[PDB]
A.B. asks: 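Entry of interest: Peptidase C37 complexed with rupintrivir (bound form).
Numbering starts at 1 and runs along the sequence shown. The basis for the numbers below is simple: all heavy atoms, side chains too, and nothing from hydrogens, waters or symmetry mates. Both counts, for ligands and for their atoms, begin at 1 and track the order of listing.
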Amino acid sequence: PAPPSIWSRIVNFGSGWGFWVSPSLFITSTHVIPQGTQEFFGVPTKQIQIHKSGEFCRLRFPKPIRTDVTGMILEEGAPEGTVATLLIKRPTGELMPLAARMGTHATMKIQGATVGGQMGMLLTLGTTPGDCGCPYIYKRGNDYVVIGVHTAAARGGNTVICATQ
Ligand SMILES: CCOC(=O)CC[C@H](C[C@@H]1CCNC1=O)NC(=O)[C@@H](CC(=O)[C@@H](NC(=O)c1cc(C)on1)C(C)C)Cc1ccc(F)cc1
């Protein structure tokens with residue numbers, strides 16, 4: 001499960017979703033970002049500072065946009081064995097948190113491409129196309145930590161991939 005504040009940060013972004021780590025820090029997947037728009041949330045792309053590390057896409061805006069959200073902790077993956085939660089929203093509005101025991105951090109070969117991220121293993125419906133960009137989060141003490149965004153889900157198994165950095 002997750003609090004309603006963490007869920008509010010997830011917003012539709014092109015083919016998938018994106019997560020407001022802070023009023024001005026927006027993370028998403030490289031596969032889902034729209035490649036034809038010169039504006040994001042009314043802010044010109046010329047003012048936005050984008051840094052991409054594989055399928056992890058980082059958007060820094062000049063001004064704060066979502067002043068309602070507190071700034072969370074963003075880190076490169078979670079300790080091996082950490083049971084994280086994949087907060088995937090669906091178009092219908094249904095909320096579908098999935099429990100995923102994170103695993104090895106590594107550079108992977110996904111469909112002939114190279115992706116830095118962390119493997120995960122879903123526990124006990126599943127992920128689908130249009131889910132990339134949704135965040136992985138786990139609770140550390142009393143603080144919430146986001147570790148990456150969804151990127152792929154190997155077929156013939158419950159292996160999921162959490163792009164990082
Ligand atoms: C093209 C449409 O694009 C989208 O809509 C993005 C959403 C889907 C969501 C998947 C979709 C289903 N369940 C899910 O969670 N993502 C992808 O399709 C990715 C490919 C896979 O998931 C493949 N996985 C692996 O190759 C793979 C290999 C290992 C190892 O782990 N995963 C296939 C499962 C489709 C796209 C991709 C390609 C090359 C990369 F560098 C990085 C990413």
A.B. asks: Hi! What's sitting within 4.0 Å of rupintrivir (bound form) if we only look at heavy atoms?
C.D. replies: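 Residues with a heavy atom in range: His31, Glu55, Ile110, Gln111, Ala113, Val115, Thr127, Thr128, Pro129, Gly130, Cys132, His150, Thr151, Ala152, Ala153, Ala154, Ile161.
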A.B. asks: Taking distance alone, with N or O pairs closer than 3.5 Å, would you say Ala113 contacts rupintrivir (bound form)?
C.D. replies: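 No, no N or O pair falls under 3.5 Å.
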A.B. asks: If you measure every N or O of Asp131 against every N or O of rupintrivir (bound form), does any of those distances drop under 3.5 Å?
C.D. replies: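 No, since none of the N or O atoms of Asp131 sits under 3.5 Å from an N or O of rupintrivir (bound form).
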A.B. asks: Could an N or O of rupintrivir (bound form) be found under 3.5 Å from any N or O of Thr114, whether backbone or side chain?
C.D. replies: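 Between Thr114 and rupintrivir (bound form), no N or O pair is found under 3.5 Å apart.
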A.B. asks: For atom 1 (C) of rupintrivir (bound form), is there a protein heavy atom at a distance under 4.0 Å?
C.D. replies: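 Within 4.0 Å: no protein heavy atom nearby.
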A.B. asks: Would you say atom 36 (C) of rupintrivir (bound form) makes contact with the protein, given that contact here means a non-hydrogen protein atom less than 4.0 Å away?
C.D. replies: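 Within 4.0 Å of atom 36 (C) of rupintrivir (bound form), protein heavy atoms are found.
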A.B. asks: Are any of the N/O atoms on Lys109, whether in the backbone or the side chain, positioned under 3.5 angstrom from an N/O atom of rupintrivir (bound form)?
C.D. replies: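 There is no such contact.
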A.B. asks: My question is simple, although I want it checked carefully: is atom 41 (F) of rupintrivir (bound form) less than 4.0 angstrom from any protein heavy atom?
C.D. replies: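 Within 4.0 Å of atom 41 (F) of rupintrivir (bound form), protein heavy atoms are found.
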A.B. asks: With the criterion set at N/O pairs under 3.5 Å, what does the list of contacts between the protein and rupintrivir (bound form) look like, atom names and distances included?
C.D. replies:
unit_1                   : atom_1 : unit_2 : atom_2 : d
rupintrivir (bound form) : 13 (N) : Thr127 : O      : 3.3
rupintrivir (bound form) : 13 (N) : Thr127 : OG1    : 3.2
rupintrivir (bound form) : 15 (O) : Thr127 : OG1    : 2.8
rupintrivir (bound form) : 15 (O) : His150 : NE2    : 2.6
rupintrivir (bound form) : 16 (N) : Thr151 : O      : 3.0
rupintrivir (bound form) : 22 (O) : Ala153 : N      : 3.4
rupintrivir (bound form) : 32 (N) : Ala154 : N      : 3.1

